[PDB]
**Q** 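I'd like to ask some things about the structure below.
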2 protein chains.
Amino acid sequence: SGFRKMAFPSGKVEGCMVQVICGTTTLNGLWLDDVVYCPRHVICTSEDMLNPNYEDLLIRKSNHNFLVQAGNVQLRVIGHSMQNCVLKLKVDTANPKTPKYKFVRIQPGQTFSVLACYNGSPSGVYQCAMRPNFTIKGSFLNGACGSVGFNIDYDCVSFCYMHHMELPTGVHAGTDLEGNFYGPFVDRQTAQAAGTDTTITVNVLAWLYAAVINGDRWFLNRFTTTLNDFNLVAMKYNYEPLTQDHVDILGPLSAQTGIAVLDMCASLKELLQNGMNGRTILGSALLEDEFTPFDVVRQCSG
Amino acid sequence: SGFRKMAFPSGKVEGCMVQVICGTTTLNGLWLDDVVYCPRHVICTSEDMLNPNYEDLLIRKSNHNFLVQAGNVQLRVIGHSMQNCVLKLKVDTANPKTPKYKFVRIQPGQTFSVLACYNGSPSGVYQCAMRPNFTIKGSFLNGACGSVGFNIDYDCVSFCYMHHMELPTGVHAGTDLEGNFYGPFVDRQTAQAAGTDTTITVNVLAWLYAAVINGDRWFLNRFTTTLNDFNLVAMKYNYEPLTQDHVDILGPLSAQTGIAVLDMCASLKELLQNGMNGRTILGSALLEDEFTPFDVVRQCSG
Ligand SMILES: *C(=N)[C@H](C[C@@H]1CCNC1=O)NC(=O)[C@@H]1[C@@H]2[C@H](CN1C(=O)[C@@H](NC(=O)C(F)(F)F)C(C)(C)C)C2(C)C
Ligand SMILES: *C(=N)[C@H](C[C@@H]1CCNC1=O)NC(=O)[C@@H]1[C@@H]2[C@H](CN1C(=O)[C@@H](NC(=O)C(F)(F)F)C(C)(C)C)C2(C)C
């Protein structure tokens, strides 16, 4: 029993982290086979970051201008290219610690583990949800760029995020491993703001199933609701519409607990309309939306 | 910016996890050099766990009765001994992935990362504080025993916990790596309960400094307090006495922010007496006590 925000074991990703230095800018890179992937703004000076022309800055760099270090070993750069907002550095040595991997573009509402790194060295790991506004609530200081987000499925690492920047309110933005940003952000130091966020309904429902499994059942009412009436009520509380695809994804938790999804929707409807009356659910005084149905199943059945 | 509950990168510990099977009981072991450490109740059947005589059960086991598997390799057990509540299995192969390590007994109020494992396979990582009642708020299912807690200092892993059992309310108990339990618990399946817990004052203060660094400063009042008056007020809210050793440990955060510890104590005193008036601090509606001053410094200065 117990329910905690849990990250994937980071070992497979730790073995891929390297330091990339270009001139006087240093950040992290991800070394998979003979390629190192890193944010393209490693080629900028502080001044260039205000309004960079990456294509122009890159044409004046050669392979030798990129210094890649993996522990106490310098890797020789033998090729370079830019793909969207990431640079790919071909190196003369394939990473022997390369796990089985894939690059995936995650959807809003999904979670992943972040391995925060500085100077190519892993410092910590934590779980994030890709918010509906395409930001994550991370924790990153100067030099964290190139830190990656991932999921692990059996032996396979699905890399989904690479860190690039921090937005107002202390939220974070980045790209997939093909360098395409999540959200309408650009890698330039200019005024940018995230759009208004929304609560991930299907995740709040998943976390209510986690609470039931853990013995916190006070919020369970005796009613049911229709999907339409639930979505009409939940819209005013800035909750995402719950789709039939979301109801299907909640099926395993619903079957495990014997609580129909629409019955849990009636319990959530009452919690939204009446509040929690000073009570907690899994120790929280607020409804949590950063656990997916898979995250819950992972911990509440194995 | 940002502040998240963050675990240490688990790679160094993942390379030490093995599966230990004795008869029909399976749990996790920690393989360091040529020794595998695991909870002694691996030698029990379900029936033995109700009231076990470990010394008696162990005398009827030989080395061959312990099957240790590290990935796809079976390790041969060539010696065994029991030290308090842990069994030590000498194996014929030294773990080549053994990091630099030490065994430490952590103090109440301190935090560590837990690598939850099943069948010798790491599943997830999360941060815990050793509560003043010597329990942790973990997340463990059947088969999790032998999962370990640790801290990482530069290249050195300090192992401090090995998981043994779950107590009422879904809290967890275990031993140090010398097999001595934290708290007045025993490894027997009989009615046991944790003592009344207390709030770790120095950690709440550390987390208020984290909030200030992150720009959440609404709770800062214009007053100071004496240590005696702070401790008189905080006793009724079930907060641990704040000692001069705790005030000294908060020194780096106090110097970084320019807020004296006793001034933060006056702000905490007002929060305890008046509540948070529906407001949040670092997104939380409750005061958090599971971040040590070191955990805060780690994230709010690097
Ligand atoms: C990469 N190492 C850093 C990570 C930042 C540093 C503070 N916390 C983080 O997550 N990335 C940057 O410094 C990027 C980088 C230029 C400026 N920048 C920012 O994150 C800035 N943000 C923005 O300009 C904004 F709001 F548009 F997102 C900063 C004000 C420094 C936080 C580039 C190329 C975008
Ligand atoms: C080790 N694999 C498990 C981990 C437990 C299983 C459920 N969640 C966990 O943390 N440890 C045990 O099953 C230990 C083991 C016998 C019984 N036990 C317990 O944790 C039980 N608890 C107690 O009897 C109590 F309350 F005293 F702590 C159980 C009721 C199964 C949760 C031994 C030898 C203590």
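Chain identifiers are assigned alphabetically (A, B, ...) following the order of the sequence lines, protein sequences preceding nucleic acid strands; residue numbering begins at 1 within each chain. Whatever order the structure lists them in is the order used to number ligands and atoms, beginning at 1.
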**Q** Okay, contact question: for ligand 2, which chain racks up the most heavy-atom pairs under 4.5 Å? Name from UniProt, please.
**A** 3C-like proteinase nsp5
**Q** Hey, which drug is sitting at ligand 2?
**A** nirmatrelvir (bound form)
**Q** Looking at nirmatrelvir (bound form, ligand 2), which other chains have a heavy atom under 4.0 Å from it, would you say?
**A** B
**Q** Is any heavy atom of the protein nearer than 4.0 Å to atom 30 (C) of nirmatrelvir (bound form, ligand 2)?
**A** no
**Q** Provide, to 0.1 Å, the distance between atom 3 (C) of nirmatrelvir (bound form, ligand 2) and the closest protein heavy atom, together with that atom's residue and name.
**A** B:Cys145 SG, 2.8 Å
**Q** Could you tell me which UniProt domain of chain B does most of the contacting with nirmatrelvir (bound form, ligand 2)?
**A** Peptidase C30
**Q** Among residues UniProt annotates as active site in chain B, which lies closest to nirmatrelvir (bound form, ligand 2), and at what heavy-atom distance, rounded to 1 Å?
**A** B:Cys145, 2 Å
**Q** Any atoms of nirmatrelvir (bound form, ligand 2) less than 4.0 Å from a non-hydrogen atom of B:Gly143? List them with their elements.
**A** 2 (N)
**Q** Relative to atom 22 (N) of nirmatrelvir (bound form, ligand 2), which among B:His164, B:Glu166, B:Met165 owns the nearest non-hydrogen atom?
**A** B:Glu166
**Q** To which of B:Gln192, B:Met49, B:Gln189 does the heavy atom nearest atom 17 (C) of nirmatrelvir (bound form, ligand 2) belong?
**A** B:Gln189
**Q** Which residue and atom does the covalent bond from nirmatrelvir (bound form, ligand 2) terminate on, if one is modeled?
**A** B:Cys145 SG
**Q** As a check for students: among B:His172, B:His41, B:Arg188, B:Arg40, identify the option with a heavy atom nearest to atom 15 (C) of nirmatrelvir (bound form, ligand 2).
**A** B:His41
**Q** Binding site of nirmatrelvir (bound form, ligand 2): which residues fall under 4.0 Å, heavy atoms only?
**A** B:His41, B:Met49, B:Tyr54, B:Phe140, B:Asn142, B:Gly143, B:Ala144, B:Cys145, B:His163, B:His164, B:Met165, B:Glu166, B:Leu167, B:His172, B:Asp187, B:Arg188, B:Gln189, B:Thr190, B:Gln192
